[PDB]
Undergrad: 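Please read through the structure below; I'll follow up with questions.
Order of the sequence lines fixes the chain letters, A, B, ..., with proteins taken first and strands second; residue numbering starts at 1 for each chain. Just so you know, ligand 1 is whichever comes first in the structure, and atom 1 is the first atom listed for that ligand.
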Amino acid sequence: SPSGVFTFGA
Amino acid sequence: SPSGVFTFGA
Amino acid sequence: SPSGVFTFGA
Amino acid sequence: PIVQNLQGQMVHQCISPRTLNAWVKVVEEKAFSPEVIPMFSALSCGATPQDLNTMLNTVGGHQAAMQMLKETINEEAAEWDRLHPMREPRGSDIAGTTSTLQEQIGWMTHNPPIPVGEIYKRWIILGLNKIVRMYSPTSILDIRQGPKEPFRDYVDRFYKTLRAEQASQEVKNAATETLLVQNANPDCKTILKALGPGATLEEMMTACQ
Amino acid sequence: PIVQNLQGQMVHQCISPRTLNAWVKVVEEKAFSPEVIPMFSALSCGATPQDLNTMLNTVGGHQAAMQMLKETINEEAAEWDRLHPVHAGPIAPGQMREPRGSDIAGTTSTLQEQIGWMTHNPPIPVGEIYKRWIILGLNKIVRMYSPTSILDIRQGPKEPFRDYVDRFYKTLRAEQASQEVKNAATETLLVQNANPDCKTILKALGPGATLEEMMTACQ
Amino acid sequence: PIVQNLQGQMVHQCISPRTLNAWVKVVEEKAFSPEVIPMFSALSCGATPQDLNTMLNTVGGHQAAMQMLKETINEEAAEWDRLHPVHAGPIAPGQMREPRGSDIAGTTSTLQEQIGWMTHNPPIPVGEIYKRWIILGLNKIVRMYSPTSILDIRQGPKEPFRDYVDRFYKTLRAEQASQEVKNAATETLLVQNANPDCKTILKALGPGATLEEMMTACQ
Amino acid sequence: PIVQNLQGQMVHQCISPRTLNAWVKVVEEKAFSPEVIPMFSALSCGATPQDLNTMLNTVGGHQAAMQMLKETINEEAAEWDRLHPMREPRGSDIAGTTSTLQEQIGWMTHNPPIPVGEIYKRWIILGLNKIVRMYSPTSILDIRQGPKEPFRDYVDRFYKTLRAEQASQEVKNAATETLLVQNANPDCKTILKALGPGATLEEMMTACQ
Amino acid sequence: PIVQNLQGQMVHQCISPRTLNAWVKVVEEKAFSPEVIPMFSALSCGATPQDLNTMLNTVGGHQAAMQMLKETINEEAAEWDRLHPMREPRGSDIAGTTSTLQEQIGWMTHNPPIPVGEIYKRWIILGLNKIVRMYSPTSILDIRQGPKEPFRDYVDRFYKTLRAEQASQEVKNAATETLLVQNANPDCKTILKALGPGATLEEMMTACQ
Amino acid sequence: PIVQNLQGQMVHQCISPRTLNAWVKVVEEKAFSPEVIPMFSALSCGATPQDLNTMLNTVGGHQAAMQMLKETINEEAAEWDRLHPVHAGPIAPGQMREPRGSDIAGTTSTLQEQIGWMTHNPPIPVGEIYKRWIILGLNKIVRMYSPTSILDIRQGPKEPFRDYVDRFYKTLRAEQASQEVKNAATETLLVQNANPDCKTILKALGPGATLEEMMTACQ
Ligand SMILES: O=C(O)c1ccccc1-c1c2ccc(=O)cc-2oc2cc(O)ccc12
Ligand SMILES: O=C(O)c1ccccc1-c1c2ccc(=O)cc-2oc2cc(O)ccc12
Ligand SMILES: O=C(O)c1ccccc1-c1c2ccc(=O)cc-2oc2cc(O)ccc12
């Protein structure tokens, strides 16, 4: 599954 | 006399 | 010294 | 305008720059198209006579329409004085010519309230109706579907002009019964006459698609 | 619109200039694209019948469309009068009368009456009812304004599958005034109008495959 | 500006950036057209002398006009000192002093003094007084900036009567800094400057006809 | 959205025209670039399921992405129903398909609160992650420094694509260890290989300035 | 800024993006024209030293003017320390260099209040006066009516320059007595000299219309 | 952001669309010019770690710069864990735990935890700490993005001294991510890079002359 695009934070 | 331009409502 | 630029008021 | 505050009290607020710019730009762009009168009525919500005078006065051009509007306001004020011969408001007090802001606030917030703002807005809207009806560029009789024009556009102009002319609902219906169908181009006119009597606008626009 | 103040009381507020201009510009630019109906439903939040009539009246063009809309509103108002009739007679001194089809459309009711109906306990959402009628009329107008038919949407020879799907569900949304369009005939038509290669790929993928897998197969 | 908070108290508020930019742009675009004075009167609502001085100071151009305006303000301030002099002497421990011509123009008064004068009971509208002086000066400047004279406004040979009336009452508004211009000489001049045909029509219409009827006759 | 009022109460507010126009313009301009998902998450702050559905529905184009998003929402709702077999919310109630605004408000303001809006936003963000990862125009393997391209631009595209692909931090690090240095143009590649092992991004960008 | 809340309390508010963008765009468009100083004074209403430093620091260009302004602030802070040798604020505390936001709030809301923001804004306005007077493009002596220039424009430049130079009212009056009339083009100069002594600006502009 | 309501209570507010769009446009137009860091510091007023992460995440470009920024944040977080370690053990029933380097950066802390830390008495400004780390990273990125060197800034032959000073302190600000740059070497370099005439004038002016006097001498 994808990991996300929120470089900063969670 | 004119009737008005308020197509909707009164 | 300069006097200011506030034409109106103080 | 008079607006209710979160404490339940009716207070006075200054007319907004957003609203002023709104009305100015509406009169600039739309001239006296019918839609101008609703927008006005919506931007003057809760307005005092002074706020209405502000809105009308910020108009730069169309001074003919504004002088006509002045005359109409005078007529309605005279009729108000005839009907109706803390102070009681006269025809000049409702139009904000002889009343002060605090007096208008007093009348509007009084119990029972005296809606001077709504009366003045009524007269103003009447004058605006007259101006719009006078400024209609073309009559409904001369609204005819162009040879290469879409039917949707022809009906758009038909009912736009019909809205500008401001007739009773019976005259509008009567107009769309016969005048709408007859003024169509030969193709869509033959199709429409082939449809039948009492066809809805939806059906007519569908057939000529 | 009826909005809650900090005190916890439901009060009336003048319709905002930002909302008015918003609706006007949406009708100007988007014409009658489907997305106009959601936007409308969002800009008329907590709106009274008066405010709805303001939004509709401020529209300057598409006057034919506004006539169809008025017809639809009259039809729904008559259906309300049939299914929800008001007993002609006296009203209890403390209660408020019942709304007719003309009272919900804000044509025979004053702003204070609408406020009372919307803030009563139990409430009577006249604004939401009228908004549902308006949205029915707008649905009909959108459906009519559909430029092309779903049948005429076919994947180009050297066109990406993604673009073909975009125009597909866009045109279908326009023709049906909705996004829930997962029918067997709709799906079979999607797979059939595709170009031969991606068609064979999709057919080979099997039945009941998700749109994600279908678009992954024809990358 | 002095605005009422929800608590019911009259408090001071910093002049808004939207109002500042509004006034600035009005002075930039409209120059000194008559409609600038209403707009000003609306943007300076509930304004203190300080806020008025801010609006006037933020104007970057038309500095000559601003000098005429300053002269006018000084004249009205002197007339205030003549008609409304302040007794040189002691002030009651609980009361506030009386404003001089310099105190109303916000040049010798602090913001707190202006707040006290404007919120006292009975109030002393120093902001409205100063605003009336400013509007007198602006009236003079508008009157001076009038491009053409009403005498030089004549209906074109093939020009619509409506356009001629527009330029007529527009030019007259500029030359008089007002819209109430229903004089006998003004009306006779309106009918006289018209083209021969519409002139004969209007003369035939009779005396005392409304502008509505006059514009209807020369459609 | 549900927002706290100055009286400490949690009340319902209508979604703003500023916010609506914001989301619309973001989807228009940025398409499905990764930055679209943060912005969404920031404009839906305090949102109910109805507000989220409003935001998604006002999107005019990208109907393929919206249908995929629908499917993903259905999958997450089915999983929610499996896990979780005043009323209790079902998979359809969190997605606002079968629940009413007043019920959503009830769940969200209840004590203990049931964050239906945050759950639905979670599912939506998942679908959006899938869509973004699928819509990446180029793979990280094909991101190579042009001959006359500045190194800063090459790394900008490298980490933009790397953000769009959405891999574990170990796969991202592993990618930037070797793939970043090898794909550089001959000059900056010789310089980088001359630097040494374990050089920071700052150092690599500095050397190739 | 420190602003009064509806409860009558003096609270701290964050400087607005509207205000920031306002000041930035004013410095961009108007450079150091005199009108920039009023606008500044109007956008910093209720400002703390930290907010003033924010406003000045967001300026991208004109770094020469900003360094001069720094020097002037240092001079005024030194004079403040000489005059004035809960903590008491020093020259560095008023300029926000050595004080914290909470301390500035304390001084400004204290009773009696210590207006550090107004003092710092005073020093800043002084430095800005010096910068404006130094950046005047042309001297009043070289402001002469062009041959084909309208008199209104000539006086506009005359009093614009006269405002930029910032002299005592006696020097300004003395300038407009003789220098204004002499620098006019031959026509309007003959007319003006024909008018007489002690003519108002209104009269001079009227005669040369 | 944590903002005070009229009741006097510190409450949480959703980050505004105007602030989001503001920051985005600042990063788009100004790139990484020095003035971007003040603007950031002003747009993130009263911001939580979550809001800071929102501002940084909404940035679409300069992803390499965002990687350097993330590295810097990790470094400062490790330094926080070294200088400010949290005792592994129990927490008093009424107290809140201590933040780790991951808790300040909002990567292992919930919004409610950040609210508690920021509103506690005594408060724990996690938002201001994280903002200081972010501003360190941004300082490094600005310093790196400096186009030219201060050594290459020399007064043109027929260029005004004012323009030369503007480019001088502008380039120096970029190369040092600061405006306090009154060093002996900096000043000597300013006077040295000037054209010969203004150089002789400045040297003749004497030591310790103010920039005002220096710019007055070379008018
Ligand atoms: O169907 C309903 O929920 C209903 C029941 C009783 C009275 C009105 C409605 C009703 C609505 C109730 C709530 C609401 O938010 C919106 C409603 O809209 C209606 C529209 C109709 O044509 C006809 C009816 C409704
Ligand atoms: O004429 C008045 O109403 C008046 C009477 C006493 C004191 C001031 C005023 C007065 C104003 C009173 C109320 C108000 O709203 C505005 C006023 O403006 C004035 C201007 C003047 O030059 C001179 C006087 C006024
Ligand atoms: O140096 C401080 O003031 C301090 C003291 C104890 C705990 C945190 C800080 C500290 C900050 C205190 C207040 C404030 O507004 C900002 C702070 O930022 C810090 C950043 C650090 O890397 C490391 C420390 C801080």
Undergrad: Looking at this structure, what macromolecule is in contact with ligand 1 the most, according to the PDB entry?
TA: HIV-1 CA protein
Undergrad: Which of reboxetine, fluorescein, naloxone matches the drug at ligand 1?
TA: fluorescein
Undergrad: Within the structure, which other chains come under 4.0 Å from fluorescein (ligand 1) at some heavy atom?
TA: E
Undergrad: Looking at fluorescein (ligand 1), does any of its N/O atoms fall within less than 3.5 Å of an N/O of E:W80?
TA: no
Undergrad: In the protein, what heavy atom is nearest to atom 10 (C) of fluorescein (ligand 1), and what distance, to one decimal place, separates them?
TA: E:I129 CG1, 4.2 Å
Undergrad: Give the residue and atom name of whichever protein heavy atom lies nearest to atom 5 (C) of fluorescein (ligand 1), and the separation in Å to one decimal.
TA: E:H84 NE2, 4.9 Å
Undergrad: Less than 4.0 Å between atom 20 (C) of fluorescein (ligand 1) and some protein heavy atom, yes or no?
TA: yes
Undergrad: Among all protein heavy atoms, pick the one closest to atom 13 (C) of fluorescein (ligand 1) and tell me residue, atom and distance.
TA: E:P125 CG, 4.0 Å
Undergrad: Which protein heavy atom lies closest to atom 17 (C) of fluorescein (ligand 1), and at what distance to 0.1 Å?
TA: E:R132 NH2, 3.3 Å
Undergrad: Can you tell me which residue and heavy atom of the protein come closest to atom 22 (O) of fluorescein (ligand 1), and the distance to 0.1 Å?
TA: E:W133 NE1, 2.9 Å
Undergrad: For atom 15 (O) of fluorescein (ligand 1), is the nearest protein heavy atom under 4.0 Å away?
TA: yes
Undergrad: State the atoms of fluorescein (ligand 1), each with its element, that fall below the 4.0 Å cut-off from a heavy-atom position in E:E128.
TA: 15 (O), 16 (C)
